[PDB]
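Section: structure with DNL201.
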Amino acid sequence: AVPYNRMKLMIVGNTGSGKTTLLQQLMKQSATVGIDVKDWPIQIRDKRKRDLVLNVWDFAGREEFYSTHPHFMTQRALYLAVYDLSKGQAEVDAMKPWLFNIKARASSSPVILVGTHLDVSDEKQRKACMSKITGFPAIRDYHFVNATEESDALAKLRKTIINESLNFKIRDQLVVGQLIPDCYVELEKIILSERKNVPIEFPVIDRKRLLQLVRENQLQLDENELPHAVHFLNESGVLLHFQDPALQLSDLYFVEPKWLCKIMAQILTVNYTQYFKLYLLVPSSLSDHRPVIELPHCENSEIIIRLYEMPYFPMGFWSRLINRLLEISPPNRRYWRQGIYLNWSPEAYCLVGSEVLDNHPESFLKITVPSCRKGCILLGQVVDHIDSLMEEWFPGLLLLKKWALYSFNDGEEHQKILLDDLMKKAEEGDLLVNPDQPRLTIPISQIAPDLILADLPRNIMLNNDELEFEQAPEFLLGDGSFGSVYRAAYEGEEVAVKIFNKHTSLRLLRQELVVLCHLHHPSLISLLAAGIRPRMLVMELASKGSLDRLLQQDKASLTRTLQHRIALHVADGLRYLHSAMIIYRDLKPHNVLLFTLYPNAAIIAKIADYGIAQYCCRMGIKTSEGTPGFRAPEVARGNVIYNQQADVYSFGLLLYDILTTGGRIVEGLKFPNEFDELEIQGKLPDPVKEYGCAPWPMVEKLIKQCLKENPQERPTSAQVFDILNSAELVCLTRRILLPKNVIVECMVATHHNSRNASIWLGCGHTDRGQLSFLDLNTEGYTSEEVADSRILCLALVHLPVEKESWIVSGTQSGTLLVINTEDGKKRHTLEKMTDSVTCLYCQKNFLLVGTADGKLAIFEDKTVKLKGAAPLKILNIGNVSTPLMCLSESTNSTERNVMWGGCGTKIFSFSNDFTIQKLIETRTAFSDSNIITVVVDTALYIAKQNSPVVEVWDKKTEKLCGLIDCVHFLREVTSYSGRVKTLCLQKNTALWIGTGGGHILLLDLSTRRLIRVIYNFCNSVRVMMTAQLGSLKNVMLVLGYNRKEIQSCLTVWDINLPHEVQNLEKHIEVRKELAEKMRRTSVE
Ligand SMILES: Nc1nc2c(ncn2[C@@H]2O[C@H](COP(=O)(O)OP(=O)(O)O)[C@@H](O)[C@H]2O)c(=O)[nH]1
Ligand SMILES: CNc1nc(Nc2cn(C(C)(C)C#N)nc2C)ncc1C(F)(F)F
């Protein structure tokens, strides 16, 4: 609670007047380039008044530094002002724009003023004007004194700061007597000490260093209170934490404010510094003459002329104007400091640039185009750009008064009539009349074509004789705070007219039209006509209604594909928008219209109501708009300036609205305090936990990845459109995780629909064999070690005899365990085979157990109730060196009597007669291996371990047909792990290859044509099968490995994946011929 008395006293002195020498003769050069921060203490007469140390900032006056200065005129500062008196009131006039800049930039700062050079001060001349001076700031004194011999009343700054504790208070608080805790002064001291060791040519530090040292010094600085502390320390004037996300300076921290200021000379003397945000951005070097450039069309009628009457050119105005107006994609440029001259041809050229030959002290901006049509488009674009600029960065100007210079009779001077009356004179009726002679008349289309909307293409022109809507409130739709969208016809159509309200400034209509009439796309609603007589808009009436009351009402039509269409077409719209420097800031689920609820359409969403879409270059925006609940975080704290990534957060919120199927918006339509509790961050639940939805675990991974606070950690709109354009994201259903230090190499589902999924997981990591039992809809991992050796294979048979079901296992020790699927305690162990257990598999129901010794082990389905038995004879169809681990079933006409398989490195088959009807060895390189699985759709696709190839032997000719290599197919994904540890088959579409390298391979069936390849989610694929789920078929389990900590995910894949990767690819192929057919018309 120590009183920390420190505040800046930036002595802002116009050039030449001696701004430096005054403080030189107060405390104790030639041209002080940039800011020069000295230091200065105070020991007042009353010793109880603590040290009032003041970080003096000694600014400069050369216009380049005028332009680079106005970002360091912060609050908590007692300014000054200096002006010579030998030049009399002229210096007062010259300092008047500077005082205006002061009162514009800083409002809570007193402004003393002082003269200089009392040796030649003719105060009787300018005294009257100086008294008449006191929009200005609160001038509090006038002490015109000498410069070198300080004999007048000086040191009054102390008596005007220490007594200004409450007379200069930051919102009634204490400035010079702020009882600040010890933590803040601790941080200040440690930074002031560490200022040395950090390099001197570019002193910067990382926030991680600050945290590490604060922990090393036990500063007791909490991470949730650290940014407020560093912000106060910044505003004190010892370091500069530029936390502006539009500048990306949120990480790098600065320790020497003295250094940041004296870089203007370093950069005008003619890395990673390349962000000079204060093509090229060196406005110091620009010449400041009136160049030798003459208009081609030099008359009083052939050229339009606009004007702008402004009190004071704001510090850093012309810089922003040129940096904006060097967008040249709508050109021999000759831009000096102020007046850019965008020449194209003798037909169209916009010559912006000031003019002060007005016989008056005011400052005049002017625009000039030759009065053909292209000139009118140019003028009606530059007016929009200048008005956006002046409405975003410099709100104080709107004082501003327009001026349109028309000419009644050619070959004479032009009169001056302003737009606040021309608006009415052109809204009542066209053909502006000449009061002197009524026979003389001029058109309002070659005087100011930004007032009749003639600066737009000729196709979008109203046809009011065919707009038959009555204003009757029966036809009503949304009311977006500016208009009210009715339902109407237009020459025969369904069109949603948007009549504007009683009084709306035409700037709004142009704010909407400049985005609706330039960039076309099949995801952005397309304007049909826009008049001016009632100031209306006509937009293509979206049939199926806005999204909000399709969420609240029609929850049945909302499938799990449509939820990825109305979240992909919107991402398309956002990508196109942000690709042309427009930002939207309004993407809420009341503003996504629909056109068709049939899933596989082509145009399903189209954004609308572009009420607040402003232009946003790399500089950014400074205002704060939107709507509570759907606003970006940094929009709330309106002080910071943001850019085109305060929109992707709105998209994340829309996505959380969609995934919840309208639970957040309906539970928050009661109290907007609930919807604004998370307006910054930190109050969003995990969706599946509460609202009862179904999982979607490649969206939940994105929904947090585009929701973070740090405006650089969020994706760019392209990157958040190239994650949804992948059929790997629509076709999962779940993703479970298993504990640490456990593997899985044996799986059996339960199609009997006890809980519709009661997946067992045989494992053998330890010596004893474990037997997990996972439930799907609840995720209960109730493992139980009930075996002595590894559990190689499991199998299930739901006995129809007495409606039973008894899961059966197998052991590496060669034992046949049996457990009741319903009775948790029945260990009806059967007769152990003569060797180990290799595989098992299920009319004629019988367990076709496979042993390591190469002998077929068969049982009886009815022999389950027994306790130890060898039901049917063993068929030793192999040797000790033949591992009989192959078993499978048949699919061709479901003829299970054609049950295939293969004994070791050899293929065989049999029937219910149990005789080998065919035995074909596979001795035909990799042939020194064994066999894993066979599958029969039309032939036998046979896999084998450590093989980048899978063979194809036919069941009718018994010969090789083709060799479908795997590593060859994977040769363009990135000595590879291109093995095939598993091989599952769909019903009648395509193969499903599972590669131990961590890649699903959706090989198709026709000849060899690949369809896609899945990657970057696992590290291996242990065992794959196909089961049922929730009374419905079509799921495809996959057991991914993570290997060193072993993690065995258990994914769930919909089996409609092939026709997905096809359908969605055809869809995206369709609408990208439209996205170029529509767009190419806008250039034409
Ligand atoms: N003749 C005269 N010259 C002065 C007086 N006070 C200051 N100067 C000159 O003004 C110069 C300082 O200008 P300066 O304040 O640095 O200009 P700035 O950098 O644009 O602010 C010094 O070189 C002095 O020679 C004065 O009372 N009489
Ligand atoms: C946002 N306003 C618009 N709304 C629509 N579609 C729409 C149709 N209905 C109903 C249910 C009445 C029907 N049929 N409701 C809505 C929101 N189309 C166009 C717009 C537009 F022009 F304002 F963008």
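Numbers for residues simply follow the sequence, beginning at 1. Header lists the method as electron microscopy, 4.0 Å. Every number for a ligand or one of its atoms is a count from 1 in the order of the listing.
The full list of places where DNL201 can be found here is ligand 2. Ranked by contacts, the chain bound most extensively to DNL201 (ligand 2) is, in the PDB entry, non-specific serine/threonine protein kinase.
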